Structure formats: structure tokens, C-alpha cells
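Positions are given from 1 along the sequence. In listed order, ligands and their atoms are each counted from 1.
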Amino acid sequence: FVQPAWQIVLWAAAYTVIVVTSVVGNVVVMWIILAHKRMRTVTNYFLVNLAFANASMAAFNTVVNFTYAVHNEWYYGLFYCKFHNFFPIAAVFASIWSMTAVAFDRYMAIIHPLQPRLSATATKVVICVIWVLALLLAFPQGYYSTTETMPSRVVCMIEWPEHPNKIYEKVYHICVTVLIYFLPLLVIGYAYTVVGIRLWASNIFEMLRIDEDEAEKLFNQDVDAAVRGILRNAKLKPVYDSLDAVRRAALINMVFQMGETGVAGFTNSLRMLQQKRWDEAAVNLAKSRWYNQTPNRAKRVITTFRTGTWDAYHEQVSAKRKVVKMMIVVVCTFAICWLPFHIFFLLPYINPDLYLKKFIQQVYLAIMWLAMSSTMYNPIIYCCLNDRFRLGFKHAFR
Ligand SMILES: C[C@@H](O[C@H]1OCCN(Cc2nc(=O)[nH][nH]2)[C@H]1c1ccc(F)cc1)c1cc(C(F)(F)F)cc(C(F)(F)F)c1
């Protein structure tokens, strides 16, 4: 019942913001990658496909979806009725599976470096396939879309053939929802956790192999022997118990080098770590004879005590971590934007009367705004979290 003019203009402005920032932003992103030829990096080829799918959905559907929702009248005829119901499914499938292709490409480059799967022709055939499967999946929704002509208006409504309980319509809707939301997010979710652990995490075995032809060193049995010994030692047990897993590895690393007795000698530094005075302990340990004899190892161990991270046992400058952080954000943005949408359309099966009663028009206009805003965020994310992308946007200015 809430229908004031003060609100409609305020919403129309909120919706145009989407159409402009999505077209402007994604046309520039497509330009940055395609024109440079140095930028054509397989991951960026899928980002072009994602930028096209985004920009297309904003241009074709935003005006048409907003006007129908505001006036409850279909102005654009039977063809555009079929088209506005077909295109969003195809464009969302293409977007989320281009994101999955990027995730699979990173997973392959990071976890399986010896088996290459990146090829310019293959990337083109993947993008080609993604779109074929997207248009096929969207087809039944477009096929059953039609107009109904009435005395005061025209109505665009989707009508499936009459069946005892309309199973095919409900099965189709669930299948689309799984293919464009739940399933690819599970695949991307899997890929970036494994990749995330590889790029950011580490362990004592990884550590000891770096700090310590010839026979292979057996750390497995000695690490457990080193833990059993520290917990038997009165001078080392309170410190060790107080420490997080990362710092515990730094303390064990020291025991592997000097032994239980030699480590127990650093009484002051061990009390600093126990008191959680990291920088103080780091400063005192760099003054030791141990640091003098082996500065490179000691600097790595000290950094582990100072930061409480695996930073010393990973590369300093990595273009790999920059992309993975950027793409994790993009996917999390997608998952957020589409969740209320899918719940809104999933609910007519659980509680059919719950929607129609209240002022769901202001609810739907908020929910549809969120869903459609997923189309404009990606260029913004690229400028904030990537150097070469933000410099590319600056170059497109007169
Ligand atoms: C075309 C439209 O579809 C909805 O509105 C019509 C009925 N339809 C329920 C139904 N009736 C059937 O017969 N099948 N499904 C809805 C629906 C269909 C599939 C879904 F996965 C979710 C909702 C739609 C779909 C998406 C998408 F693709 F992202 F989902 C995004 C957007 C936009 F962002 F532009 F507003 C619009």
C-alpha cells in the first residue's frame, strides 16, 4: 500500500546508479584486458567474460525490471517479456561459472604446477561452452514466458503446462538455483580454502625442512620427542603452554638447533614471550651468540615470535596472494548479493500466504536492488585490491 512519489524517484535514482557504474566500470575493465595484450592472462580472459555478463544484465534488465515492479504493467511486448525472463538466468550462470573457471585456474597453478591446463584456444572454448550451457538452462523460463492482455493493462507472466502438482516448474527452479548459486559456490569455496592454506599457512615440518648426495632427515618422530621433552622440562613448560601454535613451532625450531638445555638458557627472553612482549623478546634474542653464529635462521625464528605468522617461510612479494584475496572478495560479494533474492523466490513454496499480505513491494525493490548491484561491484573491487587495474582506470581519463 506504501506508494509515495518521494520514494519512487529515490528508487529510480538508486537503480540508474547501478546501470551507469556497471556499464562505465565493466566496459573499462574489458578495455584494460583486451587492448593491452600483455594483460591477456587466462584469469583476466574469464574476468572479461564476467565483465560482459555483468554489463549486459544491467543494460538489458535494470530499467525493464524496475518499471514493471513499480507500475504492475508490461510495456515492452511479448518478445521482451520472453527475453527479460531468459537473459538474467544465462547472465548469472555465465558470471558465477567464469568465477569458478578463475578458481579452478588458480587451484591448478598453485596446487598442481606440473600439469598445465591454461591455453588461449582452450580458454576461448571454455567461455564458448559456459555460454552454450547458460542459454540452454535459461531457455525453459523464456519459452514459457508470455503476455496476458486485460482491459486496463498487459501482464508478463511465466506459465508452464498444466500438471497435477507442477513438479517440472519446481524441479527446474531448484536446479537453476543449485547451478547458479549453491553448487559453484561450493566448488569455489573448496578451491580457495585449499589455495588459501597453501599461500598463507605452514607448519613445523615445512619450517624445519627450510632451516635444516645425503640421507633424508626424519623430523616426524623427533618433533613429537621434542614436545614430550619440553613438557617434562620445568624451565620450558610454562612458556610453551602459553604460546599459540605458530610461536610453539619457533620454540621447537630453536630446540632442534641447540637442544632443550641450550634453549632453557634464554631465561629473560622466555619470560618476555610468556608475558607476550614480542618486540622485547625479538630485540633481546637478536643480541645473542646464537643470532651472531646463524643470523639468517635466527632472523626467521625471531620474526615468527614477533609476528606470530608464517611470513618468514613464504615469499615477500607475491602477485598470487593479491589475485586470490581480490577473487575471494568478489565471490563473497556475489554470495551476499544473491542470498536474499534466492530466499525471496524460494519462500513461495514454504509459506505462500506470508509474502502477498504485507508491503512486499518495498521489500522486493530492496532485494532486487541488492541482486542487481552485484553487477557494479567488481570494477570497484579491482581498483581497491589491485595495482595494475587501478592504474588502468587512471589512464582512461581526459
Ligand atoms: C528472470 C528472473 O526470474 C525470477 O522471476 C521470474 C520467476 N522466477 C521464478 C521461476 N518461475 C519459473 O518458472 N522458474 N523460476 C524467478 C527466478 C528464477 C530462477 C531463479 F534461480 C531465481 C528466481 C530473474 C532471475 C535471476 C536469476 F537468474 F539470478 F536467478 C535474476 C533476476 C534479476 F536479478 F534480474 F532480477 C531475475
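- In this structure, the drug at ligand 1, out of daunorubicin, aprepitant, ticagrelor, olodanrigan, pacritinib, is aprepitant.
- The name UniProt gives to the main binding partner of aprepitant (ligand 1) in this structure is Substance-P receptor.
- Chain A, UniProt TM segments numbered from the N terminus, heavy atom closer than 4.0 Å to aprepitant (ligand 1): 3, 4, 5, 6, 7.
- Among the CP-96345-binding residues UniProt records for chain A, the set within 4.0 Å of aprepitant (ligand 1) by heavy-atom distance is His173.
- Defined by non-hydrogen atoms within 4.0 Å, the binding site of aprepitant (ligand 1) is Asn65, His84, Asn85, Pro88, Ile89, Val92, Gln141, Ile158, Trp160, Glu169, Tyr172, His173, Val176, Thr177, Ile180, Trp338, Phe341, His342, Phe345, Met368.
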